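RAC-beta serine/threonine-protein kinase bound by GSK690693.
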2 protein chains.
Amino acid sequence: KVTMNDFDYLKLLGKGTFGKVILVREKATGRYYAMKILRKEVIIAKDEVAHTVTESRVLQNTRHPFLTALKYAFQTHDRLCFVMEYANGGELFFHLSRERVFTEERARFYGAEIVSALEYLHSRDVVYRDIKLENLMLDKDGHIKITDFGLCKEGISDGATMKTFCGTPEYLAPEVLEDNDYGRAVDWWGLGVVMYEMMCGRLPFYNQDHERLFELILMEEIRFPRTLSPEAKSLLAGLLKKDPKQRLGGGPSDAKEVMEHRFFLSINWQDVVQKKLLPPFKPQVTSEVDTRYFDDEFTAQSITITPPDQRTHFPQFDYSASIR
Amino acid sequence: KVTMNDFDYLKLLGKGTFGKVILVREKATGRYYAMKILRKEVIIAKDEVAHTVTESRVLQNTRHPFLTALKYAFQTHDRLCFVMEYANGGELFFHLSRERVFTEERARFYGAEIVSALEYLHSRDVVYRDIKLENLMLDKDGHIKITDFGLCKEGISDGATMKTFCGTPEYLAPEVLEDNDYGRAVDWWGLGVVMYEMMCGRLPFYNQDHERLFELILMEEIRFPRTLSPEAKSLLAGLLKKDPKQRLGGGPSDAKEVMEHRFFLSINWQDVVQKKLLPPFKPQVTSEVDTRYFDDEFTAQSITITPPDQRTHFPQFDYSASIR
Ligand SMILES: CCn1c(-c2nonc2N)nc2c(C#CC(C)(C)O)ncc(OC[C@H]3CCCNC3)c21
Ligand SMILES: CCn1c(-c2nonc2N)nc2c(C#CC(C)(C)O)ncc(OC[C@H]3CCCNC3)c21
């Protein structure tokens, strides 16, 4: 049984209201991982139990080069811990914040890998629902690693629907901002937003006030830099079509519509999944504990245990990759 | 009732996440022993209660020249303590790390003594499950003393099976890396790995990542130095057969298959158990407190009590060798 003192706790990689993520060393092997630590108290209060159990359940059976691999899922009396692959290259958000914009070529590389992962998830009836730059990390070679599966939905095949109002506001599809249910096409909209950010250096829609933001998402016409290629303009127009039935990827062939798009004309899709495409950017990390692609805001902070206030057991948190 | 203050605490012999082992002097007699000290908090959190109770229960009834003898098992409000024979000669891991390789002759001596112990344990339906160089120590005369019985299973006769995924990764048998249950043949595989190490100066399989390691154990063909004897190659090929049914020692005659192997052609097995075989290496210790065959990393450290945070009683921890 895996416990807290099986790991050394080295650096804070990220923190939010959800909890915290820490660079750990596994004592027994000396190998480095990221550990997401969540307080059960917060999870229950927020009504996120089912979502968090689902996060473990999906990760236990997913295997794909561009999804983050789970090593352990374990828990204590007051905490839930995910031990997972450390994405040395950090978030795409980090890189785009520094570089401001990616070339169409570089965006195409990341985009092809995200499309590959979303095809795989959708084939297994999983809707990810949280595509954003913050959840798109890079491994040490510069390949995509999708992280944070805390808003996934299972059992969603072509035409099936979902009702939970969830996601990140700036990335929410217009149909989610309407009453009743929505389908898997929301993931393609999400790819639309991140592709737009990568090539245009800004969100297609933004206001600090969510009420204004959601009106923009529902109502505003997207704009493009004049210099963008016709097929990049076509790709983003198709992914960010407000009607999910008319959206690129929103038909019965799902990822195939996106894969066959003229923006990805140069891409051989079997090379993508086989990791044969060369990353344009290779993270220049020089050790296993190197956190240069993570914000100082987090890594400067000292690690500190929070004071707490019968069975408090969560299912799906006694998992090991060695055992299943 | 035996207590903590009945002993002087002299030198740290070894430490891990499990707990610590200290060289102690029994105040009343002035005799020296090793004391393994475990924290109940850690044992409970790790779900190792049954394993630790078993460790005491097995040691209370075992008697064989090459098994470490338990003097006392006792407990405090937050600790469990094993007082046992101090193996002055240290671990085989220590000696092999220094010398790099043993001659086939010296490997044969240690191998014979381990086989004798494993025969004895298996005859009493005990599977040891943790055969490794770290657990193979030497007494002051140079004879084998198996230590650390914390992964034993009782009641395992010929054909009976076990389900717990436990052991040390580098020493795990291939069948343990498959679903469902495994038999007592795991111990002969374990002997295989230690014999290989002794004669070939490396583990037959190694990778720092366990996922890679387990694939090697399941899939990789073992290699031998060209100079190894035909019967050494044969012994190792037989003990390290991936199929437990085809493995040397894996039949209904158990240790007899191994004892009758041509590598041990020179061995009289009754002389082995009667300790009439001369150790090739005699520990050159010059006093009862001499810890030259223990790593400085441990013995340089000062002895320190850890701060803690109703009945917390463990059964099988009221044992004395004078009383049963
Ligand atoms: C700290 C960033 N971060 C990371 C990693 N950081 O380095 N390698 C990582 N992997 N993993 C996560 C997960 C996760 C997960 C699973 C796979 C269990 O679903 N959820 C959330 C994360 O941040 C969220 C916020 C933290 C604050 C800054 N931006 C991102 C993760
Ligand atoms: C520190 C080494 N060590 C020793 C001895 N050291 O000198 N004489 C010993 N005996 N005994 C044990 C036991 C035990 C036991 C019973 C018989 C109660 O089952 N478990 C574990 C030990 O280390 C584990 C690790 C410690 C770190 C270095 N390598 C070995 C022992």
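In what follows, every chain begins at residue 1, and chains take the letters A, B, ... in the order their sequences are listed. Atoms within each ligand, like the ligands themselves, are counted from 1 in listed order. Structure method, as recorded: X-ray crystallography, 2.0 Å. All values below were derived from every heavy atom in this structure, side-chain atoms included, with hydrogens, water molecules and symmetry-related copies excluded.
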> If I want every copy of GSK690693, which ligands or chains do I look at?
Replying inline: ligands 1 and 2
>> Quick one: other chains with a heavy atom closer than 4.0 Å to GSK690693 (ligand 1), which letters?
In response: A
>> I need the residues around GSK690693 (ligand 1) for my notes - heavy atoms within 4.0 Å, please.
In response: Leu13(A), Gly14(A), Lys15(A), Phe18(A), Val21(A), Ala34(A), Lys36(A), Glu55(A), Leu59(A), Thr68(A), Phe82(A), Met84(A), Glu85(A), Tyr86(A), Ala87(A), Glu91(A), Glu134(A), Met137(A), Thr147(A), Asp148(A), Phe149(A), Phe294(A), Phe298(A)
>> Help me out - which UniProt domain of chain A has the most residues in contact with GSK690693 (ligand 1)?
In response: Protein kinase
>> Just wondering, does anything else, ligand or ion, come under 4.0 Å from GSK690693 (ligand 1)?
In response: none
>> For GSK690693 (ligand 1) and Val21(A), I'd like to know whether there is a polar contact (N/O to N/O, distance under 3.5 Å).
In response: no
> Counting both backbone and side chain atoms, is some N or O of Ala87(A) under 3.5 Å from an N or O of GSK690693 (ligand 1)?
Replying inline: yes
>> Taking 4.0 angstrom as the limit and counting only heavy atoms of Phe294(A), give me the atoms of GSK690693 (ligand 1) inside it, by number and element.
In response: 6 (N), 7 (O)
> Which Mn(2+)-binding residues annotated in UniProt for chain A have heavy atoms under 4.0 Å from GSK690693 (ligand 1)?
Replying inline: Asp148(A)
> Which UniProt ATP-binding residues in chain A pass a heavy-atom distance cut-off of 4.0 Å to GSK690693 (ligand 1)?
Replying inline: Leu13(A), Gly14(A), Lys15(A), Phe18(A), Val21(A), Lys36(A)
>> Under 4.0 Å from a heavy atom of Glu55(A): which atoms of GSK690693 (ligand 1) are those, numbered in the order shown and with their elements?
In response: 15 (C), 16 (C), 18 (C), 19 (O)
> Which GSK690693 (ligand 1) atoms, with their elements, are less than 4.0 angstrom from a heavy-atom of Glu85(A)?
Replying inline: 8 (N), 9 (C), 10 (N)
> Does the entry model a covalent attachment of GSK690693 (ligand 1) to a chain, and at what residue and atom?
Replying inline: none
>> I need the atoms of GSK690693 (ligand 1) closer than 4.0 Å to a non-hydrogen atom of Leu59(A), numbered in the order shown.
In response: 16 (C), 17 (C), 18 (C), 19 (O)
> Which residue in chain A carrying a UniProt active-site annotation is nearest to GSK690693 (ligand 1), and how far away is it by heavy atoms, to 1 Å?
Replying inline: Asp130(A), 8 Å
> With atoms numbered from 1 as shown, which atoms in GSK690693 (ligand 1) lie under 4.0 angstrom from a non-hydrogen atom of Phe82(A)?
Replying inline: 18 (C)
